[PDB]
Protein chains: 4
Amino acid sequence: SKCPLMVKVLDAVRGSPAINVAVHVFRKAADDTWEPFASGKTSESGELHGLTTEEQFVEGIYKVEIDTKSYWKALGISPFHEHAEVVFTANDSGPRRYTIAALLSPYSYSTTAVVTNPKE
Amino acid sequence: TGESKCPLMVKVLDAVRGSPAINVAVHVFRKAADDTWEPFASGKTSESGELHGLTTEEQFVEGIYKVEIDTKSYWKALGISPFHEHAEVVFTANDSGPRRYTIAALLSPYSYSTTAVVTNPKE
Amino acid sequence: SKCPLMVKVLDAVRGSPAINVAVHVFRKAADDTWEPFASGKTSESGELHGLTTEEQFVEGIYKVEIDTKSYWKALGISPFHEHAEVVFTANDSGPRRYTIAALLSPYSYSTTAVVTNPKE
Amino acid sequence: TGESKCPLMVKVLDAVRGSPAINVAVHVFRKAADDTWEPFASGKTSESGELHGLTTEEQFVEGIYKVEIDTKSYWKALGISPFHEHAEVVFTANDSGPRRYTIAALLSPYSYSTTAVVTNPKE
Ligand SMILES: Cc1[nH]c(=O)c(C#N)cc1-c1ccncc1
Ligand SMILES: Cc1[nH]c(=O)c(C#N)cc1-c1ccncc1
């Protein structure tokens, strides 16, 4: 029960988890370029688990990109955004469990992080 | 009015159409001497999603006020059956003298957010 | 694993669950008055479970009130809101699992409902 | 300017202090012919949390634009170490002719929301 990184996606129009949403994760590279890190599709409960492991999850800059436009086109709704992106630094600073959650509407989105830890 | 020095203004936006939320009914109450809510002001949002002229500086004394927005009538007229009955904002006002209050609401059928911007009147 | 109603509370300032937040639930009465239904305090994970049961959870109007002001005063932050309230109708219409989530900041809050169901 | 017919306006608010987010750096890019982001316009929010005058109707052609807000420099100057590096909004503009775009952001240290209000210019 150790997932250093988890993504959750919700739909504000229908009051349900946003199922089958593509998610891509990149790590900032030395040349200051984005390199593919992990990717997947949200499950029936709007979640994506097992993107990585504590050993591979070192300090650095990460970018989480959510394909919100494909989600909305499948419902027959025209969206405003091309995609939703979250960029943050992961620091061993202290606590290492990260939950990124995204709430989606056709013209707006909100994102929040919940950073927590078992013990230390 | 002036430019924007109203003691109380409400602004409602639509997260589904990316537009101002027009013709939304808004009701404001003040808590009375007896723990009961009394009618204070009423109105509807204009074509830019705003509601101006609800009160005056002199009438807007210190107190606990309730801003109730009728979101359910708004989604229903669009053919959508939403989650909430209404949106309500409860807050203590003019506590440490007069201030100008902007209450904003962003609406979606199963979600809403609300924010306040408080400014100190011509200092 | 059957909780018709669950409440989740998060803190936007500190990126953590909002722990020990008082929550009260009322049911609209015939005289159109609010009657105490259930109450509790959020756990270490920001959640409140077991407010009720499927038999007691009949159709009607419910009001969930979150004591946000006490939460913020304990951190030494002066808040704008007296409390956060969610009013909704529970209809057997179809699906009966309700998750109310609230995200808190000193001057703003957002609430969303996730309505779902196992089978039917 | 006029009253409010700017093709692109940005508005940043602070959810912790209930105020406009003043002196926030904003950078806008357009995707070029070669899948690369090119600099388009730059600026800072004023005392009301707004940014006016970034472009003109004639210069704002159809394309994919990126609005990047520097939220991290804003929280840091307040003594707070926030979660995000910045906030970014990516969207296709003027696709089916000219429109006026208002991008709003509401900020908190570990959260942000963004909304767009799109209007059809003097019809
Ligand atoms: C971006 C934004 N997000 C919210 O969650 C919210 C709420 N409530 C309001 C606004 C906002 C939009 C336009 N002008 C001012 C504030
Ligand atoms: C991202 C998010 N945004 C909101 O505006 C909100 C409200 N209210 C809740 C959540 C949320 C975060 C984590 N788990 C579930 C929901």
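Chain naming here is simple, since letters A, B, ... match the order of the sequence lines and numbering starts at 1 in each. As a basis for the values below, the full set of heavy atoms in this structure was taken, side chains included, without hydrogen atoms, waters or symmetry mates. How was it done? The header gives X-ray crystallography, 1.9 Å. First listed ligand is number 1; within each ligand, the first listed atom is number 1.
- The largest share of close contacts with ligand 2 comes from the chain named in the PDB entry as transthyretin.
- In this structure, the drug modeled at ligand 2 is milrinone.
- Other chains with any heavy atom closer than 4.0 Å to milrinone (ligand 2): A, C.
- At under 3.5 Å, not a single nitrogen or oxygen of A/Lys8, backbone or side chain, sits near a nitrogen or oxygen of milrinone (ligand 2).
- Considering backbone and side-chain atoms alike, A/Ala101 places every N or O at 3.5 Å or more from each N or O of milrinone (ligand 2).
- Interface of C/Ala102 with milrinone (ligand 2), defined as ligand atoms under 4.0 Å from a residue heavy atom, comprises 8 (N).
- At least one N/O-N/O distance between C/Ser110 and milrinone (ligand 2) falls below 3.5 Å.
- With a cut-off of 4.0 Å on heavy-atom distance, the UniProt-listed L-thyroxine-binding residues of chain C close to milrinone (ligand 2) are: C/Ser110.
- Between the choices A/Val9, C/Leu10, A/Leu104, the shortest heavy-atom distance to atom 10 (C) of milrinone (ligand 2) belongs to C/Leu10.
- Within 4.0 Å of milrinone (ligand 2), judged by non-hydrogen atoms, the site holds A/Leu10, A/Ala101, A/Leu103, A/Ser110, A/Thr112, C/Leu10, C/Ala101, C/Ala102, C/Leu103, C/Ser110, C/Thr111, C/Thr112.
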